[PDB]
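So, a structure with testosterone in it.
Residues take their numbers from the sequence shown, with the count starting at 1. Side chains included, hydrogens not; waters and symmetry mates left out as well; all remaining heavy atoms used. Indexing begins at 1, ligand by ligand and atom by atom, following the structure's order. So this one's X-ray crystallography, 2.7 Å, going by the header.
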Amino acid sequence: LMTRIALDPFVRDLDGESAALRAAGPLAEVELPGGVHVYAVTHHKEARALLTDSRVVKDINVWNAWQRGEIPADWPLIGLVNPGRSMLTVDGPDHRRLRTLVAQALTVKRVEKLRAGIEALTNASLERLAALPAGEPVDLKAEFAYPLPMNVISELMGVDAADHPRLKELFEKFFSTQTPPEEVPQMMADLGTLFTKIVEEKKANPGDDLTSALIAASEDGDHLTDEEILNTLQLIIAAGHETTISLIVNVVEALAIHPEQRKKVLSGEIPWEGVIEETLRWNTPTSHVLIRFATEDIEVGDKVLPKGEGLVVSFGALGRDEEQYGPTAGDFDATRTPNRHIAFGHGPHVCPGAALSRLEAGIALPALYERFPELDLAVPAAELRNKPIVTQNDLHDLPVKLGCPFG
Ligand code: HEM
Ligand SMILES: C[C@]12CC[C@H]3[C@@H](CCC4=CC(=O)CC[C@@]43C)[C@@H]1CC[C@@H]2O
């Protein structure tokens with residue numbers, strides 16, 4: 001086993017961390033912030049295997065370190081490691097019960113119906129740009145990427161829009177490695193009190209949206225506790241806004257660095273669905289997914305994940321496995337045709353909202369470059385920088401000069 005790798009909480013060099021984990025694969029020793037030792041799978045072939053192995057589980061009571069009360073309650077990463085009972089944290093027969101009404105609501109068919117809505121919100125956001133003074137840089141993150149998927153997923157769950165500025169300011173702190181440990185459990189307090197408030201707004205006045213579809217259904221021949229709903233709602237609002245925002249940003253960043261490919265994208269030669277997929281492989285929004293545990297020793301290539309130890313899937317590292325995609329695994333090629341990446345997961349927990357975000361991004365990007373065909377970065381590509389979020393590949397801002405609307 002190669003030298004232990006300590007995930008930098010300031011994300012000063014993601015591309016090199018990823019390469020190191022690549023080198024230390026298939027299974028690498030890793031240290032999470034606060035000195036917590038866990039292992040990490042960093043190869044494509046082997047990550048598929050562990051994700052479909054029933055010996056690898058989400059029950060934290062299987063974690064040696066947690067049995068032995070070694071994980072501070074004040075830990076910054078506790079939010080991710082132990083978020084409570086939901087689809088995310090259980091397995092096998094118990095899992096299917098919490099997933100099913102959510103997996104049905106986000107199929108290609110049942111999400112096609114939201115398109116009208118997404119075109120609406122995009123075509124608006126575009127109006128608000130250009131409404132800004134031309135010539136002067138704009139943060140494409142704050143003005144376009146952030147609000148769009150939030151609005152969407154708010155609509156989907158029927159969340160009141162007057163809680164947006166408050167939800168923004170809370171998720172900011174949840175993800176930051178530089179949020180002060182004494183501040184943790186009044187942030188989590190207020191998330192809980194925020195989500196409980198709007199769940200009761202829904203019981204009082206049930207709408208057609210998915211929050212209410214969970215409420216009515218539980219009462220008859222299937223499951224769903226008062227807590228399981230509340231936890232399953234946080235999961236859907238968090239996962240479904242964070243990741244997709246980053247996808248959009250990252251697509252825009254990729255086309256900037258690769259302008260020959262951008263030229264062909266804008267002309268139609270390369271279809272947009274190939275750019276979005278390649279961006280997911282090459283520069284996934286989710287660098288690391290937290291937390292599984294071996295029920296017993298598992299062979300992993302020529303190493304062993306010892307029974308009781310934590311496991312991380314390093315999607316960022318494995319997104320450029322040359323064993324999987326050949327010698328060009330390190331480069332953005334939007335035409336890379338057979339492209340069976342796992343940015344969305346594998347086995348039982350694989351993303352149920354893949355089709356939603358593929359849809360949001362496949363509407364919003366071509367809309368933006370139809371309106372602003374000259375749009376390029378306002379800063380050199382190397383000055384762009386990751387926010388301090390160890391699991392996520394999030395940029396701080398994306399300043400661009402729009403360059404006059406040919407819409
Ligand atoms: C670019 C966008 C996205 C990426 C890269 C992404 C990635 C992932 C990954 C890797 C997982 C697996 C978690 C694990 O195996 O431990 C996952 C699970 C999940 N994602 Fe996504 N996701 C995206 C968008 C969304 C959206 C839009 C929604 C909801 C509308 C969503 C909801 C979920 C849920 C509910 C789970 C848990 C499913 C389960 O545990 O069975 N995600 N996502
Ligand atoms: C844990 C969590 C649900 C699961 C989310 C997590 C944000 C990070 C994230 C990104 C993914 O790619 C999968 C879903 C996860 C792992 C969310 C933060 C709050 C919410 O309860």
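- Within this structure, testosterone can be identified as ligand 2.
- Per the PDB entry, the macromolecule in most contact with testosterone is Cytochrome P450.
- By number and name, the other ligands or ions lying nearer than 4.0 Å to testosterone are ligand 1 (protoporphyrin IX containing FE).
- Using a 4.0 Å heavy-atom cut-off, the binding site of testosterone is formed by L88, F174, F175, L235, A238, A239, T243, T286.
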